[PDB]
Colleague: 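This structure holds caffeine. Let me ask you some things about it.
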Amino acid sequence: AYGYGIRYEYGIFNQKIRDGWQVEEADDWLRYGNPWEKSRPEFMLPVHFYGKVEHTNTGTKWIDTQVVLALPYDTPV
Amino acid sequence: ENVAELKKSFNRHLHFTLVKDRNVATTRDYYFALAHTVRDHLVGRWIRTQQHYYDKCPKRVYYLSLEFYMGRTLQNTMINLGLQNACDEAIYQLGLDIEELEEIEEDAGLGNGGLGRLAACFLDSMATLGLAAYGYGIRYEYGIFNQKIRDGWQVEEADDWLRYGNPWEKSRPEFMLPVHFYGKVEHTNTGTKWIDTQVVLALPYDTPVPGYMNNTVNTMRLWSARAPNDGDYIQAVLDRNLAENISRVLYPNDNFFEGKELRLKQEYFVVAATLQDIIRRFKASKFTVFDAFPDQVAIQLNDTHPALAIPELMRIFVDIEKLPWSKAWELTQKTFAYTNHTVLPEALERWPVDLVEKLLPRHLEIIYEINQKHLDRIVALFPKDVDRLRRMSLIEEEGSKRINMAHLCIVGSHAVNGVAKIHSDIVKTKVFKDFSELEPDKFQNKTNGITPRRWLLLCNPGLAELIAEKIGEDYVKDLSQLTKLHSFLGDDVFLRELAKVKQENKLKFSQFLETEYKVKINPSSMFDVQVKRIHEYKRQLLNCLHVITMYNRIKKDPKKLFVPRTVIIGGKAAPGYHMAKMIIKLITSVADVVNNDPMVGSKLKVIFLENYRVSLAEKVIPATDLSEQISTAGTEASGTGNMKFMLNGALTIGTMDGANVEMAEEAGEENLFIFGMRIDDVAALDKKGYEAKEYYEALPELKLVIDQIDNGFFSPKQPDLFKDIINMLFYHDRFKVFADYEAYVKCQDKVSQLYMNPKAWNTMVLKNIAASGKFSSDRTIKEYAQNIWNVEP
Amino acid sequence: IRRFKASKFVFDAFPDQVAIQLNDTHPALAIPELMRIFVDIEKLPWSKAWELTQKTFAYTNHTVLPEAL
Amino acid sequence: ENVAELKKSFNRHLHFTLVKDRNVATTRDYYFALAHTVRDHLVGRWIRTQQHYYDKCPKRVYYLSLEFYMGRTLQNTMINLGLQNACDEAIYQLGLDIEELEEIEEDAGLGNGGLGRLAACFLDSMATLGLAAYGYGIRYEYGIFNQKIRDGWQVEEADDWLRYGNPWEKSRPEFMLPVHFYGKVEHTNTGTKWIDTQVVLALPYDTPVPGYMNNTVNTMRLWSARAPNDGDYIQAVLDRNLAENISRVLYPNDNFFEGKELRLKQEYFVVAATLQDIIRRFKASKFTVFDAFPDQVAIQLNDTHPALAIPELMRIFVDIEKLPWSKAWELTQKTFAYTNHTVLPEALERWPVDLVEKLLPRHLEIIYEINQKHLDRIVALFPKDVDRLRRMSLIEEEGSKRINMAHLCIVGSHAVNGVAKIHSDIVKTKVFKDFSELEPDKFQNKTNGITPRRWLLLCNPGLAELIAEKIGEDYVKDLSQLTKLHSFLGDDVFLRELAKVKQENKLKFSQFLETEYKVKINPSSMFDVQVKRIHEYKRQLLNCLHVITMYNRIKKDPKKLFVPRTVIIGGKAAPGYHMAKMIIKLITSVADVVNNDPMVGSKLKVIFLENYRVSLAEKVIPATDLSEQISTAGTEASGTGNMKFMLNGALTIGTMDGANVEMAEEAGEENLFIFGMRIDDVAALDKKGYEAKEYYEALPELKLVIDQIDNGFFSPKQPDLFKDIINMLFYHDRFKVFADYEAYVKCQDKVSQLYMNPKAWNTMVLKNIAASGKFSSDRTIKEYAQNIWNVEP
Ligand SMILES: O=C(N[C@@H](Cc1ccccc1)C(=O)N1CC(C(=O)O)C1)c1cc2cc(Cl)ccc2[nH]1
Ligand SMILES: O=C(N[C@@H](Cc1ccccc1)C(=O)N1CC(C(=O)O)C1)c1cc2cc(Cl)ccc2[nH]1
Ligand SMILES: O=C(N[C@@H](Cc1ccccc1)C(=O)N1CC(C(=O)O)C1)c1cc2cc(Cl)ccc2[nH]1
Ligand SMILES: *Cc1c(COP(=O)(O)O)cnc(C)c1O
Ligand SMILES: *Cc1c(COP(=O)(O)O)cnc(C)c1O
Ligand SMILES: CC(=O)N[C@@H]1O[C@H](CO)[C@@H](O)[C@H](O)[C@H]1O
Ligand SMILES: CC(=O)N[C@@H]1O[C@H](CO)[C@@H](O)[C@H](O)[C@H]1O
Ligand SMILES: Cn1c(=O)c2c(ncn2C)n(C)c1=O
Ligand SMILES: Cn1c(=O)c2c(ncn2C)n(C)c1=O
Ligand SMILES: Cn1c(=O)c2c(ncn2C)n(C)c1=O
Ligand SMILES: Cn1c(=O)c2c(ncn2C)n(C)c1=O
């Protein structure tokens, strides 16, 4: 088995009670470092967003896209 | 188009076209049903394409050649039409294996090697670029012979490729034409008349040439010889074979001139038919009327083989269309362009005027007049220099008069090109100096190329997919896009994936080798490959020396670390080429000793790849680690196999000759294993004098090899079997094998070193593949379109 | 997909080597994305790819609350 | 320590730290495993060193700078720890190439050029001398951008140097600190209070600085910006980027002031954190308590960038530690020392008081008070001279009020120094005349230096070994020992060995050039190099004129003996520096015409060295024959690249400017190719009036070059592409390029003459290297230690 998700810099917020109301504080869980994760840079990948669809004889092409990279981090289970 | 409908069409053809059902259908039957199913997808665009050319009348390009080394058509057609994946699925769903059906198809081997394969790659490129191009050749009943090895020797078998029928060809009876021979000339008051001739009919067969994913389908028109219809009755009917013998068989000579009357008939046959077909088409279009001819028609001469086209066109314009000489000649020079494909003396076409007088009387007269107008000019511009007249004449006088067809092509053409920088240079400043000095702008270079469809997409889908997943499919039509590959030089994973692709190709090709040959293949060894026509200039002999060399080093120190190799050498030898046949026997003799010696084991295997042809090149090329391109510097006009291996992930070891020089420039010299003498070194060694007995005396490793070959170590039953080889090496070797021996071996040692460093080896592989873009035949044709034919996509 | 190709692999065996559980609808786009890869990248016909897809994916519904759909 | 144990440690890290084995390990993985293996050797001495400083409390030196151009750390660390040879052997025994692993390491390019590299050389020197020194900067997520050339133009790419992680840095979370911004001031009865501020946290990262073979390891502490922890929730979390943008990227400007609010934030950010960290440390040691502060702490201001430190310290002493102004001010002046690094008007920092009022309200008030006490004094000593008050004020009134940070540094410091005799002189008697007249003993000179470890031992091992075999290894710590080299001026063999070293460096660097660029390199040609940030004052343009000059002479008389050269010009241009970018395009345009003209051939090659950085300087510098140091006299404060080339065997051609003047003094003027106007000539030409159209009218060779550049000879597709360059040269050239053209070219001709006399050339080379001792940064720091910081090794 393999789990697949997103490595959020900020997880679910830390909740505090101020004057009886809930107050949210950023959960900066990686500030001091996480020894349990292992970057795997050789497996980085590009992800596309936006752009448009071109219908050519070589089939449909998704062009003019903005690219973002995906850097995986493995945690042992 | 979709899977379900492809299954129905297949079953429909198996039934109505093959008259079979699943219980009685043969493998050939399934293949024909699939072939017809795919073939139907071309018809619409083929009619549409040809109709478009008629309505818009773009300038037409005619590639005239005696050779078209087409290989197989089914897979190629499925890829260019975007049907492969669908057909693969449909066939699989019908319970069949498409790969097995594909092996049924006979190769259309109407060529000898490069020259014929270049023409085939050009058609693909011209169709992919959307040009109104037409290829014109001869529909040989028999192509290049099928090669077999019996008792270590090459044995030839007729290549009866049409026996079972050809679904990819379409007879065009309405365009049949008569071609004349012999007869005599009559200079009357109504024009010159070529009469009392022997007539042979030419029946054209059209084969569709589909471009890659563009809806364009051009035509390859091949002519067939047929007896006219107008002593013993039986013999007379049988004698009809004589005429039909004209398009019977392809002359099996690569880079060698054989002045056989039948060949001269094939040259004129294809030429007379083609030029009459182009003229008819011209006059049938929207068009003194001929002034626009050179603006509507461009004819490329593939080597001097179709040289007769120059006078044939003149004959037509003057005797048929009644145009004055001066005008006829002008249009001719604007119409023709000549490609010189070789510099080897033995390959030069020099026809005895006696032979030409008897067979083509009217053409001899025209060639003589062309030479007169030609020499009158020279005499004017150089009143003194009479030796220049002799060197530029279309006629050679020394002994029996002969015609220099190359000279004839130069004067009747407006463009002349070599097939690689170093070759074109040698052609312009050395071989045809006297001509280029007068007409400098006439000579050019058009470096050869190979189509990335058949030679990448078709032969190595794994590599095409890997590349495509990283930089898109853009590269198929614009190969210079492979340079983006440099972005991943430090990407360890992409390098492991690149290697996996090669290894899979090697594992598969290995299954082919253990199936066709006894030998056990070390799948981890290095695949050292040299496949091309057997020639002394290509030096399969040099390679053979290195193999025996490696063998001895192994026997000498069995415990000495040796990088394993599987040396593969293949190629057909011209039937009458004695030295080529002997070289084949030597290789087969070596393999026998090598592959069966317990001490060498899996360290070294040698294979003489039988029946090397296009379909076989598609299998071994993707599986190669090391490509041997070792002809003597200045002897290989260009080479194309070298490009094939470069595009498919192999490293190259060769001399600075042909296109090898340009490969080094594109990828960087350090990323190739260059060695040996260069154009200048060979010349120096010549002026001085090549004494082969010196290297033998100064190199012990070479001496051991030579002694083994000379004393019978590789032919115990026949101690002097290789005498002729030894004799040529020591006294008649124009290709200086012994002179590059030392550099070659040292180069080979470095290759072995690098092979042991996968990271380094594949890194270089990636730079080569990244630098192969330049060699796509689309780029070659692009330069032809712009600088010679003046046509646009 | 890269792992599948690097193992002892064309894609006919994909569903027999790969099972992808979609935790609620959040990763729903994985379905059309695989179709995209199969068809636009791997050049497989639609019918074949749709078949490989359904065999590969499994969906787990984690709620019926209208505001969570 | 020994080979076997280094192999085990390497394998131990590959396994436990990289979670890899040999079959799946990447090149980056091996590099990290080696890096960690070497890194372990520093820990013991790093803890020991810092513990020693705490127990003995020696005076501490803090080098405060916005820049640290560190380059790579692995090799440097192996050399200073005496591990290189052992690691090289271990790695080789593991089947790897240490050189390939080293190339994986990203440069820590947190600098723009000299100013940042000087700081880096200083840390090395301070650690080698055993000083209790600390460097303080900003840990930029992105350093100086990575440069690429696309279509002849410089293109910028983010230098994401931390992406894969940095083994040489150590987060120190327990020392995190808050830095405030904005807010307002409150003058209460319990002290002044700076409130309602925006807080940003600064997280320090420590990097060890190992001295050469001495067991000392100091620290380089770089600060990182982090958002505090105490509308739409998502946006709020995302908005945390704003604060963190403070230490996001290094401003890519060399010698140019950009008054951007973000930059002002970086200046204060690094300053507030540093001063609070030093104060805390001070109060945490063995210590009214602050009276001993200046005896325990010395802070050097690298240029005016960290000028805010003066008021920040005042703010701390008065508002936090509750010290009276008079005392606070005294301690401050005893603590700070200021180094002026430039005299170029455009590089001067002048912040609009409006910007400072909003961002640093409490600091504006303190700067105003400092100016009041400052001007009250002047008014006293010069009751009449009111214009003197305007010229010495910390505030400039002309138009929008601005703050002269340099003035602020002078009054708050007890020492001010230039970076070279001629520069310091100009700083003391001209630019700051009004200040030095009152406080003469305040101004000094501290000629720049470069570390012989990285810039000799690391970059040119062959030369270090040759030198070491002749005079011992003593010179590494005392470079003035190179003078013993004079003992071998007539030693023909030592001269042939000196030349071999250079040639090897040239052959290796040549492989780098043919690998990165198409061009074919003449390994025997003269390596003419000018690598530095692109500037009009540095005159890469002048060099370019000479190249075009040489090119024309070659075209003019192809058969005229020409001493072959490989001209290399490289350097990054500030992104918004238009003229610098245009200059790059010109050079690339020239190379294209030059490198591809058949008539010039191997006589001349031109290369625009892409992405010039520390690791690249280490490759090209050892490979240089001729070093171009040709900035206009009086414009280069000092220069350090010039020193690098001198120590590595290159001859210099330049003007009497910066440290070039001192190089001539040490080696003897005749042993350098000096030319052009001098500080006095340029002034005369100014008073008179520089009319560039005169030299163009009086020098045909220059006119030809100019016409070619202006008429499109180097940009056919864009005839007026270089219009802006021509326009500046003829009407807006403050660096008088045309004025030194003639002298420069004549100087260049003499260099060519000498190059043809190997004995003479290398003899001069030896005198230069022998005279380079003075330029070791150990000597520079020694003078800083004795005359400004008052600390001992
Ligand atoms: O960063 C080092 N160790 C690591 C150890 C670590 C790793 C993973 C989680 C927690 C701690 C470290 O302290 N951190 C990584 C975290 C971050 O990125 O902020 C904090 C380190 C050890 C070392 C030893 C020498 Cl000699 C020089 C530099 C060094 N850095
Ligand atoms: O020739 C027929 N189909 C063709 C189908 C075909 C066409 C072109 C190439 C290969 C196969 C056929 O079998 N061949 C042509 C080849 C040749 O030239 O010898 C072999 C055919 C189908 C059919 C069906 C009926 Cl009911 C009667 C006669 C028929 N002939
Ligand atoms: O992060 C580990 N090693 C570290 C090792 C390292 C440390 C510092 C610089 C480079 C490499 C790692 O791979 N990186 C830190 C870099 C980053 O900040 O992204 C990349 C690690 C080892 C390990 C071993 C197990 Cl069993 C589980 C989790 C693990 N993480
Ligand atoms: C490509 C090819 C050739 C040309 O090979 P060279 O090595 O260039 O002589 C010859 N024969 C076949 C079958 C080919 O596919
Ligand atoms: C040394 C160095 C410099 C300083 O060069 P000058 O010629 O003194 O301006 C600039 N950049 C780099 C990368 C250096 O190594
Ligand atoms: C006469 C002849 O077959 N020439 C061949 O032509 C091909 C195609 O141009 C070249 O690649 C090759 O080197 C050359 O030997
Ligand atoms: C502002 C700035 O970057 N100044 C630079 O400082 C270095 C180090 O002192 C000098 O060598 C150089 O000539 C000068 O241009
Ligand atoms: C290439 N070649 C041939 O193909 C050949 C030949 N002699 C006969 N043939 C067929 N010779 C000498 C030759 O060099
Ligand atoms: C088949 N074959 C040849 O083709 C051959 C030969 N000797 C020379 N040649 C060319 N021998 C002995 C032979 O058996
Ligand atoms: C050095 N330099 C720059 O770095 C610069 C500039 N203009 C913008 N920039 C970034 N100018 C005029 C300049 O001289
Ligand atoms: C990339 N680039 C520039 O950077 C540039 C320019 N013209 C001026 N500059 C600065 N052009 C035309 C250009 O392509």
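The alphabet sets the chain names here, A first, running in the order the sequence lines are given. Note that chain A carries the PDB entry numbering, so the residues on display, from first to last, are 154-230. Chain B is numbered as in the PDB entry; shown residues: 22-251, 260-316, 324-829, in order. Chain C is numbered as in the PDB entry; the shown residues are, in order, 308-316, 325-384. Chain D is numbered as in the PDB entry; shown residues: 22-251, 260-316, 324-829, in order. Numbering of ligands and ligand atoms starts at 1, following listing order. Header says: X-ray crystallography, 2.3 Å. The structure shown is a partial extract from the entry, and contact counts are restricted to the extract.
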Colleague: Could you point out every ligand or chain corresponding to caffeine?
Modeller: ligands 8, 9, 10 and 11
Colleague: Write down the name, per the PDB entry, of the macromolecule bound to caffeine (ligand 8) with the most contacts.
Modeller: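 Per the PDB entry, the chief partner is Glycogen phosphorylase, liver form.
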Colleague: Can you point out the other chains with any heavy atom under 4.0 Å from caffeine (ligand 8), by letter?
Modeller: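 Other chains in heavy-atom contact: B.
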Colleague: I need the residues around caffeine (ligand 8) for my notes - heavy atoms within 4.0 Å, please.
Modeller: B:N282, B:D283, B:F285, B:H571, B:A610, B:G612, B:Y613
Colleague: Which atoms of caffeine (ligand 8) have any heavy atom of B:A610 under 4.0 Å away?
Modeller: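 Listed by number with element, the hits are 4 (O), 10 (C).
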Colleague: So which protein heavy atom does atom 10 (C) of caffeine (ligand 8) come closest to, and at what separation?
Modeller: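 Checking every protein heavy atom, the shortest distance to atom 10 (C) of caffeine (ligand 8) gives B:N282 OD1, 3.1 Å.
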Colleague: Can you pull out the closest protein heavy atom to atom 3 (C) of caffeine (ligand 8)? Residue, atom name and distance to 0.1 Å, please.
Modeller: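 Checked against all protein heavy atoms, atom 3 (C) of caffeine (ligand 8) sits closest to B:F285 CG, 3.4 Å.
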Colleague: Which caffeine (ligand 8) atoms are under 4.0 Å away from a heavy-atom of B:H571?
Modeller: 1 (C)
Colleague: I'm curious whether caffeine (ligand 8) gets near the natural ligand site - which UniProt AMP-binding residues in chain B have a heavy atom within 4.0 Å of it?
Modeller: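 Per UniProt, none has a heavy atom under 4.0 Å.
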Colleague: Got the closest protein heavy atom to atom 8 (C) of caffeine (ligand 8), with its distance?
Modeller: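 Result: B:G612 O, 3.0 Å.
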